Enquirer: 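Mind having a look at this structure? Questions to follow.
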Amino acid sequence: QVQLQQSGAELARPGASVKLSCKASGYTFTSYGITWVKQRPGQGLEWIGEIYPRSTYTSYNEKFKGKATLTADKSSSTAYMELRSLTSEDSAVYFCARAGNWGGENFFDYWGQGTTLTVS
Amino acid sequence: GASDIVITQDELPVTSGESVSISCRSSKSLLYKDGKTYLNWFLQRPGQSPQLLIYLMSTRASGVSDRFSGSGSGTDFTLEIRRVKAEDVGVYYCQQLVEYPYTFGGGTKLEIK
Ligand SMILES: C=CC[N+]1([C@H]2C[C@H]3[C@@H]4CC[C@H]5C[C@H](O)[C@@H](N6CCOCC6)C[C@]5(C)[C@H]4CC[C@]3(C)[C@H]2OC(C)=O)CCCC1
């Protein structure tokens, strides 16, 4: 059973940073990637970026470059997203999801439950 | 981003057991040189994570009811929802994966009468 388990909701102050985690289990973590999505309260979905721990490959939406930093720890099958210089626009639910390989399988097939960030 | 692919969705309360179709248009073709069309449909139920319904334009994801079907041309797409149920309530999104950045439509809400 594939599972992605996200860290708990957080309250943060403007100007602070936070580091959100996404723990993967039930499959070979390094055979796939992890991708992150933002949803502001009441709003749509936005793609942040992806990371592939085996090759270290990353891709970012330019909108989030230097707001979001994606890392991964192969030794614990955990992906991280650090959000810096927080503002009220950063209040959202952040999801992680699996990212797949060439051929288009396993893209956004499993999701974490989301982490709510509230910037005060 | 000025050059990002823009995805537009149509708007729809649906009577239980009736049917709706949701449409999605892309500003560029999502048909890649490999012959596949990189268009996803998601349902995000309230308080839940988005669920992949359809990928590669027309392939139903594992676990998804055959009440959902996807079709399209490469620039225009449709999600058919048969025999609508309470569990179908939420926001439907289409998403393209043909080019970076990946982009989503603005969502289509479905509410049950
Ligand atoms: C069909 C085209 C659409 N794009 C391609 C782009 C493709 C990626 C290019 C970069 C690769 C680096 C990475 O190191 C690779 N390794 C990970 C470890 O295992 C072996 C492979 C896979 C990798 C992430 C590719 C996976 C499939 C990628 C996302 C493709 O997208 C899809 C949805 O299939 C083009 C631009 C936007 C996405």
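Each chain gets a letter, A, B and so on, in the order the sequences are listed, and its residues count up from 1. In each ligand, atom 1 is the first atom listed, and ligand 1 is the first ligand listed. Computed over heavy atoms, backbone and side chain alike; hydrogens, waters and symmetry mates excluded.
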Enquirer: Select, from rocuronium, aliskiren, mometasone furoate, itacitinib, the drug or drug candidate present at ligand 1.
Expert: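 Here it's rocuronium.
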Enquirer: Tell me which chain touches rocuronium (ligand 1) most, using the name in the PDB entry.
Expert: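 It has the most contacts with scFv-IP11.
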Enquirer: By chain letter, what other chains have any heavy atom closer than 4.0 Å to rocuronium (ligand 1)?
Expert: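 Other chains, by heavy atom: A, B.
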Enquirer: Report the organism recorded for chain A in the deposit.
Expert: Mus musculus
Enquirer: Relative to rocuronium (ligand 1), is B/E99 under 4.0 angstrom through side chain, backbone, both or neither, heavy atoms considered?
Expert: backbone
Enquirer: For A/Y52 and rocuronium (ligand 1), does the shortest N/O to N/O distance drop below 3.5 Å?
Expert: no
Enquirer: Which residue and non-hydrogen atom of the protein lie closest to atom 28 (C) of rocuronium (ligand 1), and at what distance in Å?
Expert: A/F107 CZ, 4.3 Å
Enquirer: Find the name attached to chain B in this entry.
Expert: scFv-IP11
Enquirer: Starting from atom 22 (C) of rocuronium (ligand 1), locate the nearest protein heavy atom and write down its residue, its atom name and how far away it is, to 0.1 Å.
Expert: A/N101 OD1, 4.1 Å
Enquirer: Heavy-atom contact under 4.0 Å between A/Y32 and rocuronium (ligand 1)?
Expert: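 The answer is no: rocuronium (ligand 1) sits nowhere under 4.0 Å from a heavy atom of A/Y32.
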Enquirer: Kindly state if atom 34 (O) of rocuronium (ligand 1) has a protein heavy atom within a strict 4.0 Å cut-off, that is, under 4.0 Å?
Expert: yes
Enquirer: Under 4.0 Å and counting heavy atoms only, is there anything from the protein next to atom 1 (C) of rocuronium (ligand 1)?
Expert: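 Yes, at least one protein heavy atom sits under 4.0 Å from atom 1 (C) of rocuronium (ligand 1).
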Enquirer: Going by the atom numbers of rocuronium (ligand 1), which of them fall below 4.0 Å from some non-hydrogen atom of B/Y102?
Expert: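 Here the atoms of rocuronium (ligand 1) in question are 29 (C), 37 (C), 38 (C).
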Enquirer: Can you tell me the protein heavy atom closest to atom 27 (C) of rocuronium (ligand 1) and the distance?
Expert: A/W102 N, 3.7 Å
Enquirer: State which residues lie within 4.0 Å of rocuronium (ligand 1), judged on heavy atoms.
Expert: A/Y52, A/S55, A/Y57, A/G100, A/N101, A/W102, A/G104, A/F107, B/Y32, B/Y38, B/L97, B/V98, B/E99, B/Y100, B/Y102
